[PDB]
Number of protein chains: 4
Amino acid sequence: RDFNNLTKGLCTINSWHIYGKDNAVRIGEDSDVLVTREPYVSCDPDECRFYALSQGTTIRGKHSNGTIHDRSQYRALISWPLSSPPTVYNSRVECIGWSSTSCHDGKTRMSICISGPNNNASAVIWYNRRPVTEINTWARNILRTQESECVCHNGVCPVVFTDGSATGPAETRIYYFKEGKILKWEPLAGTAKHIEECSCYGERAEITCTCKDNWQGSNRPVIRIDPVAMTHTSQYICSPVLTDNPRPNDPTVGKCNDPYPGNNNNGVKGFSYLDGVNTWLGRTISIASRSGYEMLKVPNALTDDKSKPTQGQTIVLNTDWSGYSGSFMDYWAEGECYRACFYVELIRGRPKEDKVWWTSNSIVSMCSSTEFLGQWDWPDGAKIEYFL
Amino acid sequence: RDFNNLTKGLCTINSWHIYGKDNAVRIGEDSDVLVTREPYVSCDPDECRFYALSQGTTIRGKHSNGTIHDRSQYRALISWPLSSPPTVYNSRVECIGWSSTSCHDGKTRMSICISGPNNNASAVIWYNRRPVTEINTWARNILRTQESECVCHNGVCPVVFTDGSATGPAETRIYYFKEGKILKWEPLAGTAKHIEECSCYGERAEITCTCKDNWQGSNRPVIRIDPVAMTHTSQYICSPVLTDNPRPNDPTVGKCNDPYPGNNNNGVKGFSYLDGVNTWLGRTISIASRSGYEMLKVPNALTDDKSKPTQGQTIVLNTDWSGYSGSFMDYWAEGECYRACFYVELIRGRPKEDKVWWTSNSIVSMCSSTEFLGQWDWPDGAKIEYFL
Amino acid sequence: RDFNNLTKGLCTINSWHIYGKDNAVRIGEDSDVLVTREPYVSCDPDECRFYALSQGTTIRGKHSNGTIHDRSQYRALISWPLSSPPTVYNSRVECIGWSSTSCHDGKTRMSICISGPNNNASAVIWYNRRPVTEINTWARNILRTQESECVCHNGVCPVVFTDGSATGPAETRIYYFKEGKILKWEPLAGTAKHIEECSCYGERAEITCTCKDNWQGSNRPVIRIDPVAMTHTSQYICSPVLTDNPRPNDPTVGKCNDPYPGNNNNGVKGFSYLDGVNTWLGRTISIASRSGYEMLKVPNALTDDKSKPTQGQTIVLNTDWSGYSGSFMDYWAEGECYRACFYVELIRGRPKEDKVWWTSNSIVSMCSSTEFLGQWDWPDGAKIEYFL
Amino acid sequence: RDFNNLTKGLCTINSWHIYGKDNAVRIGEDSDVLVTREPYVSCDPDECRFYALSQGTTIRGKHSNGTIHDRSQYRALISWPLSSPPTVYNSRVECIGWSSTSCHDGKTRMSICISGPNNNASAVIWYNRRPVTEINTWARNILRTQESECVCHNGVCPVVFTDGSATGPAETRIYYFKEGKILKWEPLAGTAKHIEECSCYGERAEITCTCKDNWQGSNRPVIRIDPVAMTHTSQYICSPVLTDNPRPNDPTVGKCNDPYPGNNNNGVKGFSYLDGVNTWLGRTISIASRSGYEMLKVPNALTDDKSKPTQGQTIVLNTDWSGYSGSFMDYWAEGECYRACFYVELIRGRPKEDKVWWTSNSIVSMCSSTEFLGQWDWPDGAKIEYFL
Ligand SMILES: *[C@@H]1O[C@H](CO)[C@@H](O[C@@H]2O[C@H](CO)[C@@H](O[C@@H]3O[C@H](CO[C@H]4O[C@H](CO)[C@@H](O)[C@H](O)[C@@H]4O)[C@@H](O)[C@H](O[C@H]4O[C@H](CO)[C@@H](O)[C@H](O)[C@@H]4O[C@H]4O[C@H](CO)[C@@H](O)[C@H](O)[C@@H]4O[C@H]4O[C@H](CO)[C@@H](O)[C@H](O)[C@@H]4O)[C@@H]3O)[C@H](O)[C@H]2NC(C)=O)[C@H](O)[C@H]1NC(C)=O
Ligand SMILES: *[C@@H]1O[C@H](CO)[C@@H](O[C@@H]2O[C@H](CO)[C@@H](O[C@@H]3O[C@H](CO[C@H]4O[C@H](CO)[C@@H](O)[C@H](O)[C@@H]4O)[C@@H](O)[C@H](O[C@H]4O[C@H](CO)[C@@H](O)[C@H](O)[C@@H]4O[C@H]4O[C@H](CO)[C@@H](O)[C@H](O)[C@@H]4O[C@H]4O[C@H](CO)[C@@H](O)[C@H](O)[C@@H]4O)[C@@H]3O)[C@H](O)[C@H]2NC(C)=O)[C@H](O)[C@H]1NC(C)=O
Ligand SMILES: *[C@@H]1O[C@H](CO)[C@@H](O[C@@H]2O[C@H](CO)[C@@H](O[C@@H]3O[C@H](CO[C@H]4O[C@H](CO)[C@@H](O)[C@H](O)[C@@H]4O)[C@@H](O)[C@H](O[C@H]4O[C@H](CO)[C@@H](O)[C@H](O)[C@@H]4O[C@H]4O[C@H](CO)[C@@H](O)[C@H](O)[C@@H]4O[C@H]4O[C@H](CO)[C@@H](O)[C@H](O)[C@@H]4O)[C@@H]3O)[C@H](O)[C@H]2NC(C)=O)[C@H](O)[C@H]1NC(C)=O
Ligand SMILES: *[C@@H]1O[C@H](CO)[C@@H](O[C@@H]2O[C@H](CO)[C@@H](O[C@@H]3O[C@H](CO[C@H]4O[C@H](CO)[C@@H](O)[C@H](O)[C@@H]4O)[C@@H](O)[C@H](O[C@H]4O[C@H](CO)[C@@H](O)[C@H](O)[C@@H]4O[C@H]4O[C@H](CO)[C@@H](O)[C@H](O)[C@@H]4O[C@H]4O[C@H](CO)[C@@H](O)[C@H](O)[C@@H]4O)[C@@H]3O)[C@H](O)[C@H]2NC(C)=O)[C@H](O)[C@H]1NC(C)=O
Ligand SMILES: *[C@@H]1O[C@H](CO)[C@@H](O[C@@H]2O[C@H](CO)[C@@H](O)[C@H](O)[C@H]2NC(C)=O)[C@H](O)[C@H]1NC(C)=O
Ligand SMILES: *[C@@H]1O[C@H](CO)[C@@H](O[C@@H]2O[C@H](CO)[C@@H](O)[C@H](O)[C@H]2NC(C)=O)[C@H](O)[C@H]1NC(C)=O
Ligand SMILES: CC(=O)N[C@H]1[C@H]([C@H](O)[C@H](O)CO)OC(C(=O)O)=C[C@@H]1NC(=N)N
Ligand SMILES: CC(=O)N[C@H]1[C@H]([C@H](O)[C@H](O)CO)OC(C(=O)O)=C[C@@H]1NC(=N)N
Ligand SMILES: CC(=O)N[C@H]1[C@H]([C@H](O)[C@H](O)CO)OC(C(=O)O)=C[C@@H]1NC(=N)N
Ligand SMILES: CC(=O)N[C@H]1[C@H]([C@H](O)[C@H](O)CO)OC(C(=O)O)=C[C@@H]1NC(=N)N
Ligand SMILES: [Ca+2]
Ligand SMILES: [Ca+2]
Ligand SMILES: [Ca+2]
Ligand SMILES: [Ca+2]
Ligand SMILES: [Ca+2]
């Protein structure tokens with residue numbers, strides 16, 4: 001109808017309720033489920049759907065062998081109905097590639113897929129299910145993007161891309177798209193020293209992105225975008241409650257403008273909701289691997305370098321595999337505020353479970369409640385032994 | 001369009017005709033059918049669909065092992081086209097959880113799923129396919145609901161929940177929802193001593209629920225709700241024709257305000273249509289197990305403590321497995337009266353058929369006819385031996 | 001929109017072109033295709049679909065064993081997209097039963113399914129996907145109907161039913177339905193001595209049905225219905241070109257008002273287009289079994305007792321299995337005339353191919369062309385050996 | 001709405017970006033994917049879909065044995081969602097046959113399928129999903145058509161057919177259809193000596209078709225059609241950069257009005273975009289087999305007999321199997337110009353990979369970019385060994 005405008009602020013997050021879960025790996029043990037990774041969730045005005053990068057093969061299919069690899073010509077961004085598994089028969093291909101983002105601007109959806117060899121990748125921006133714009137690699141080193149939904153405001157949908165090294169300074173750009181066309185792009189500015197895989201959400205005409213500093217930071221870089229002025233700033237979450245993985249143990253004081261040291265060249269896509277006292281951080285429980293998942297209320301995490309948790313909720317037990325996580329909200333829901341939501345990728349297979357030759361995942365997602373709900377843990381649920 | 005109003009009375013029930021049957025277990029022996037239990041049927045203004053709690057695995061899948069269990073993080077309320085089986089590819093997830101209810105108010109549908117550990121469960125109320133309200137457990141002991149459709153009147157859709165013991169007094173509540181929001185809730189009142197799994201239907205601005213007294217009663221508790229005044233009453237079906245299972249043999253006089261004794265801490269979800277002489281009771285044929293199913297016309301069953309059958313119809317032979325049963329009607333059909341309908345869950349597998357490691361079911365459903373139709377029996381139809 | 005009216009006459013049939021073919025048995029050798037029999041085709045104003053009686057199991061499924069049987073509680077009328085196979089995932093159940101008919105009146109569709117034991121069957125008439133009317137068996141001996149589409153005119157859709165013996169006189173009735181309700185029913189009248197499985201089509205406000213005399217006739221009975229006056233007549237196709245199966249060799253003179261003798265208590269559903277010189281008869285090539293299929297132009301077959309073929313077209317080679325056949329037309333096509341169409345059921349499995357324990361079929365269908373097209377033969381295409 | 005008119009010229013082609021890829025053979029190793037060949041892509045005003053000739057069996061199905069054959073009664077034109085594989089469950093049959101074409105005129109789609117024995121084939125023209133016209137073979141020798149989309153202008157959709165020898169002069173006809181009806185047909189005229197499988201596109205009220213001279217030419221014949229005057233001309237691409245396969249090595253001067261010699265009675269469906277300096281030719285890399293695929297910018301190829309490449313892009317490595325290729329464009333996209341697109345059929349199985357008994361393919365497709373994008377190669381991706 002009309003372009004959506006971020007007119008509401010976040011609802012108060014007092015707990016998290018179950019939103020969606022597809023049990024993909026369980027079901028896929030005996031049905032035609034596509035092998036995936038890098039999933040997310042994204043809403044249209046009339047429906048919310050699960051998204052992910054397919055590996056172009058079923059889990060039980062012999063071609064599942066080798067899917068630990070990140071970029072092949074057989075991957076594609078696919079979407080499928082909320083809480084269903086990604087099957088050969090119900091998956092809709094949005095575009096071809098090995099890194100993506102997607103978002104609805106209120107009128108129609110924009111989807112972006114990047115494909116190519118490491119030194120010659122390119123992104124193609126689709127809008128209303130048609131290719132509209134293409135961007136060639138600018139640093140010739142794995143052009144890559146969010147791996148979760150972008151956010152739009154009055155037709156303007158900003159997207160964060162990175163091209164260059166994963167273990168040294170790279171060239172991060174913020175592109176402002178409108179109807180699939182480029183209105184403007186900026187180089188990254190601010191104090192964030194490295195950016196990859198931004199998880200974004202919007203509220204009151206501002207877009208907040210919690211990304212990852214793969215090079216040096218165990219605290220997360222944050223990019224705040226003004227989609228009207230089409231400008232932004234960057235910093236790190238000041239809080240001592242470190243949220244990347246792997247990471248060192250939590251200190252008593254964090255860092256606001258530099259990566260918190262202790263772990264280099266590694267990390268996991270993650271997210272946060274930074275809203276003063278209504279601030280919640282997500283993170284793996286393990287400091288060593290993609291294991292477990294919890295939500296911690298850390299009032300003023302973004303700006304308070306000594307902020308520590310005041311409440312929390314366990315999403316996945318430390319004895320269960322987690323993975324990537326990101327933000328999304330249903331901007332077309334009823335009510336006076338936007339309800340914060342997120343998903344956690346539950347990785348199964350390689351490298352942690354090497355008795356099988358594949359790597360895939362299932363999805364679990366939650367949204368906020370103003371109630372103080374009881375908690376449950378939500379594991380993938382599959383028995384690897386069955387696949388042997 | 002406009003909210004539906006219960007303006008019609010029931011059609012005269014002279015017999016029951018076949019409405020839907022999915023042969024899920026038969027078909028699922030060689031196709032991707034999800035393992036389920038606790039099914040029901042529910043209509044929208046333009047379509048009627050089968051509903052059930054999936055176990056997050058196919059019947060032939062190795063994860064089918066263990067599905068006798070009631071509550072896991074892998075269950076979800078799903079719906080699928082009338083008379084089709086619940087397949088991985090045609091099942092639509094309504095919400096995540098292990099106890100549910102759902103109903104269309106004329107404009108859109110409300111679905112409720114409860115999930116959690118036994119001492120920390122919570123219900124999330126979805127409306128127009130979005131989460132709107134959440135209710136935390138109040139007795140910290142398996143918050144649970146209907147397992148069949150709720151009914152709406154002018155936007156108000158009452159739902160019965162129980163939290164607390166299954167073998168002693170519990171805390172039953174009646175919530176009146178409108179657009180997924182809570183308008184009001186009452187504690188159970190009346191003479192019903194325990195309530196679980198209410199089967200409801202509406203006619204002439206009144207909602208009748210036939211539930212189950214798991215603690216002491218072999219006769220069924222009945223809750224009648226006024227959705228305008230948002231008030232209710234409770235009692236038991238007075239009739240000597242006992243309809244719970246297991247149960248003692250039928251006496252010559254029943255009980256109107258206390259559970260009829262003989263069997264404790266057990267029972268099965270069931271239903272009835274209480275409409276003076278146009279009264280029909282459903283029940284398993286066996287007094288010991290979920291075996292067989294019959295419909296008995298027991299004029300004035302609700303209020304006459306010596307009422308006995310005047311007509312009847314066999315739905316499932318005592319040599320076939322039955323299970324849960326419940327009411328639903330198509331409130332958007334043509335004509336001057338609402339046609340009473342019900343479904344019977346045909347349980348296969350554990351605990352009765354333990355040569356297989358799974359528990360699932362198929363569905364059979366009937367609706368009333370003003371004709372006096374010939375009867376047939378409708379078994380699940382699957383041969384367990386094939387699954388060995 | 002508005003009820004359809006049979007305002008056009010038939011197009012001139014100079015040959016038959018390929019319309020649809022689903023290759024169900026071939027494809028079903030390695031995919032989830034339902035076992036069926038008694039198929040047909042029927043159009044809605046915006047789509048034409050394949051219809052059939054499912055057996056409630058896949059072909060490869062173990063429950064396929066025994067599907068040679070005609071009536072079980074596991075059968076249902078299903079429809080699926082033109083030329084696709086009837087799969088577990090794309091089949092839409094219209095109603096439950098073992099004998100059916102269905103037709104669109106221009107506004108919505110009426111579907112009829114009969115279920116029951118032999119001595120207590122009943123038909124339930126569905127309209128706009130809801131049950132509206134029920135009719136109890138009147139002769140207590142396998143109430144049965146067309147097994148192909150009915151035809152409507154200004155809301156009135158006549159249907160032919162038979163109840164009673166298959167090898168002696170029975171009670172045949174013509175019901176005139178409008179919006180699923182009974183307007184009137186007549187007993188069969190005319191000279192037809194036995195009626196079963198009528199194949200009907202309409203043109204210029206008249207409905208012609210070519211049925212089968214299972215008891216004594218090798219020539220086919222024909223019922224012509226006036227859907228306005230709601231009256232009918234009956235006779236046999238006068239032609240010496242006999243079209244039932246099994247049957248005696250063709251004589252040089254047929255019979256107009258009595259069954260042509262030579263074969264008792266047996267036959268196959270078949271059809272014809274009786275339109276003066278524009279007359280075409282379908283029949284199996286073999287006089288002994290459901291083998292082969294051909295179309296023969298027999299000018300004035302209905303009224304000329306010495307009429308013999310003037311043109312012809314082979315549909316299925318005598319070295320291939322055929323089966324039932326029937327008429328349908330797309331009454332919502334463009335143009336000035338209705339294009340005659342028909343389908344042939346290609347039966348595979350039992351009783352002719354007993355190395356497998358199942359019985360199923362695929363469908364081939366043709367429509368007329370005013371051109372004189374080259375002919376091809378259209379077999380089922382499956383290799384039984386593969387199923388062993 | 002209104003008939004589409006070719007009002008735009010081509011966008012400038014500076015490179016090719018990835019459009020769609022279904023990885024059919026990979027996925028089909030463990031899911032219900034139909035065996036196909038002769039694929040293409042075609043757009044409707046609201047969706048673009050993959051098309052192909054099914055073989056009426058799955059790849060893993062036993063009936064896949066023998067699918068190297070071209071024409072059987074089990075083939076049909078099917079379409080399915082962009083980038084999905086052609087599965088039993090998501091494939092929509094457009095018509096029955098072994099040679100086809102299809103195109104949307106802006107209001108609705110016309111699809112054409114030819115079926116029959118070699119000496120008695122016939123084409124049936126479907127419009128708005130109904131059969132409208134039939135054309136009988138005129139040379140009684142494999143009536144055949146494009147195997148890719150046709151193009152329409154103001155309701156007029158020209159189609160090229162060939163009937164007669166594959167190794168000598170044949171009877172090629174250009175039919176001008178409007179709403180499935182024949183407006184006019186011409187015999188081929190111009191200097192093209194043999195025509196088969198035309199790949200067409202339209203721009204500025206002109207339709208260009210790049211076909212194949214199976215008899216003598218290694219350069220490609222080109223037919224330019226005026227769909228208003230309903231007239232055409234024919235010649236060959238003058239360029240020395242030869243684009244058929246098999247073929248001799250490239251000379252330094254080509255031929256404008258006669259087949260370039262060196263290879264007889266063989267070839268592959270191919271295409272080109274002839275637009276002055278904005279000219280791009282597609283071809284297999286190997287001169288001996290359907291191996292590899294590249295796009296070469298050959299300014300003025302059509303008219304310059306010494307034109308050689310000025311830019312290029314590799315689509316498939318010479319160490320990977322290719323096959324047929326053709327043109328299509330989304331005539332309903334936004335913007336001021338039509339974006340040239342094409343697909344390459346990636347053939348797997350027989351005759352080149354004879355360890356398996358089947359022949360099938362997957363599809364890869366690209367569209368033009370005005371950017372100068374980095375290139376990647378796009379192979380089928382399946383491991384034949386897995387199928388053994
Ligand atoms: C039914 O459901 C309800 C609703 O969920 C249940 O109630 C919930 O119970 C939760 C578990 O107790 C609780 O979650 C905790 O909240 C704590 C905050 O609350 C407390 O402190 C505040 C502030 O003073 C008080 O106001 C309040 O009253 C409480 O006393 C958090 O601090 C908890 O998180 C910390 O502990 C968990 C382990 O339990 C860690 O996994 C987590 O990371 C936190 O601890 C690490 O991080 C901090 C910060 O740096 C460190 O200081 C600390 O040492 C830990 O650090 C190590 O571990 C991390 C992670 O591995 C590592 O990286 C680091 O290096 C170190 O090695 C926790 O979030 C909910 O708030 C509470 N909800 C409600 C509404 O009450 C109820 O129990 C259920 N009922 C039943 C019967 O089960
Ligand atoms: C073609 O189709 C038609 C249509 O369906 C067929 O006709 C139907 O036939 C049915 C079977 O006969 C019939 O159903 C019965 O109706 C009885 C009521 O009618 C009779 O009594 C009235 C009242 O006086 C008369 O007016 C009327 O004319 C009849 O004479 C019911 O009483 C029957 O139910 C009882 O029996 C069945 C076993 O048959 C039990 O399963 C059932 O539970 C009922 O009996 C138990 O319960 C009562 C009540 O407490 C006890 O008193 C009794 O002892 C039984 O109790 C034991 O069993 C229960 C259950 O296991 C247990 O819990 C308890 O402790 C005890 O152990 C039955 O419902 C249809 O009405 C009739 N329909 C029509 C329209 O006519 C026709 O036959 C078919 N044709 C052919 C050729 O087959
Ligand atoms: C390319 O395609 C075109 C288009 O299809 C091909 O041309 C077609 O060729 C067809 C085959 O020749 C032809 O079909 C036949 O038409 C005959 C009628 O035409 C002839 O007679 C008329 C009338 O005098 C002439 O005007 C006309 O010029 C012709 O001469 C039919 O009579 C044929 O059917 C009979 O034969 C077939 C066997 O071929 C039987 O299966 C069929 O049942 C008919 O014969 C039985 O029935 C009659 C009637 O009672 C008996 O008299 C006769 O003895 C047979 O009876 C036995 O068999 C039956 C069935 O098993 C059994 O029940 C009974 O008891 C007996 O045992 C046939 O229909 C098309 O008309 C013709 N089409 C056109 C447009 O030309 C062309 O060939 C193809 N090109 C190539 C290269 O292949
Ligand atoms: C990142 O991505 C970018 C973007 O893709 C990459 O840059 C591209 O690189 C491509 C490969 O170099 C390049 O493609 C070539 O373009 C040549 C034309 O450009 C050159 O000449 C012009 C004209 O003078 C100059 O202006 C320009 O500056 C260049 O110097 C083509 O000529 C190339 O095609 C020919 O070679 C390939 C093999 O490489 C053949 O397969 C192809 O068929 C062509 O050669 C055959 O045909 C010609 C014509 O008859 C014959 O003369 C020749 O001998 C060959 O003939 C044999 O082979 C054929 C086929 O098998 C056979 O039939 C015949 O009989 C003979 O046996 C080629 O197309 C892109 O243009 C370029 N793009 C851009 C924007 O720059 C960049 O490299 C990537 N980065 C990294 C790090 O990888
Ligand atoms: C069910 O009853 C309510 C009246 O209680 C109907 O609601 C009125 O509907 C009309 C048209 O929408 C409005 O102008 C009135 O204000 C509505 N509501 C109330 C609460 O007064 C409703 O239309 C009835 N539903 C149907 C299907 O007739
Ligand atoms: C079929 O015939 C009936 C007339 O018998 C048409 O019905 C009339 O339709 C118009 C418009 O709906 C009404 O105003 C008349 O009262 C209708 N009915 C009768 C029974 O008089 C009907 O429209 C015709 N169908 C079509 C498609 O033309
Ligand atoms: C473009 C790409 O391949 N990105 C990688 C990502 C990346 O390698 C690291 O962030 C370092 O740069 O790591 C991971 C990962 O799980 O750590 C998955 C991503 N997979 C995909 N998006 N396909
Ligand atoms: C919430 C829950 O687990 N409810 C149980 C129900 C319950 O245990 C008894 O009524 C006693 O309270 O029993 C049964 C049952 O088949 O008897 C199934 C239900 N299964 C599910 N709804 N998942
Ligand atoms: C109602 C019923 O079972 N009808 C039978 C039909 C019938 O038995 C004979 O016509 C004699 O009456 O025969 C056949 C048949 O193939 O000959 C199939 C039908 N199958 C089904 N419609 N299910
Ligand atoms: C009508 C028909 O069978 N056409 C053939 C085509 C043809 O044989 C040659 O062009 C020579 O005439 O060859 C090929 C081919 O791959 O070379 C495939 C086509 N397959 C199909 N369209 N089914
Ligand atoms: Ca890091
Ligand atoms: Ca009880
Ligand atoms: Ca007969
Ligand atoms: Ca399978
Ligand atoms: Ca050639």
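Here is the naming used below: chain letters follow the sequence lines, and residue numbers restart at 1 for every chain. All ligand and atom numbering here is 1-based and tracks the order in the structure. Because only heavy atoms are used, hydrogens play no part in the values below, and waters and symmetry mates are left out as well, while side chains stay in.
- Looking at ligand 7, the drug there is zanamivir.
- Short version: main partner of zanamivir (ligand 7), named per UniProt, is Neuraminidase.
- Other chains with a heavy-atom distance under 4.0 Å to zanamivir (ligand 7) are given as A.
- The binding-site residues for zanamivir (ligand 7) (non-hydrogen atoms, 4.0 Å) are A:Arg37, A:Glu38, A:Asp70, A:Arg71, A:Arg75, A:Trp98, A:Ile142, A:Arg144, A:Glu147, A:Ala166, A:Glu196, A:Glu197, A:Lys212, A:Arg290, A:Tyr324.
- The atoms of zanamivir (ligand 7) that sit less than 4.0 Å from any heavy atom of A:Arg75 are 23 (N).
- Close N/O approach between A:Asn214 and zanamivir (ligand 7) is not found [any backbone or side-chain N/O within under 3.5 Å].
- Looking only at heavy atoms of the protein, atom 3 (O) of zanamivir (ligand 7) is closest to A:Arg71 NH1, 2.7 Å.
- Of the protein's non-hydrogen atoms, the one nearest atom 12 (O) of zanamivir (ligand 7) is A:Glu196 OE2, 2.8 Å.
- Given atom 5 (C) of zanamivir (ligand 7), the protein heavy atom at minimum distance is A:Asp70 OD1, 3.8 Å.
- Annotation: atom 22 (N) of zanamivir (ligand 7) to nearest protein heavy atom, A:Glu147 OE2, 3.0 Å.
- Protein heavy atoms are absent from the space less than 4.0 angstrom from atom 8 (O) of zanamivir (ligand 7).
- Proximity to A:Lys212 (heavy-atom distance under 4.0 Å) selects the following atoms of zanamivir (ligand 7): 9 (C), 10 (O).
- At the shortest separation from atom 14 (C) of zanamivir (ligand 7) among protein heavy atoms lies A:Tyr324 OH, 2.8 Å.
- Counting protein heavy atoms only, atom 4 (N) of zanamivir (ligand 7) is closest to A:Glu197 OE2, 4.5 Å.
- Which parts of zanamivir (ligand 7) touch A:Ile142 is read off a 4.0 Å heavy-atom cut-off, strictly below it: atoms 1 (C).
- The shortest N or O to N or O distance between A:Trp98 and zanamivir (ligand 7) is below 3.5 Å.
- Nearest protein neighbour of atom 17 (O) of zanamivir (ligand 7), counting heavy atoms only, is A:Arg290 NH2, 2.8 Å.
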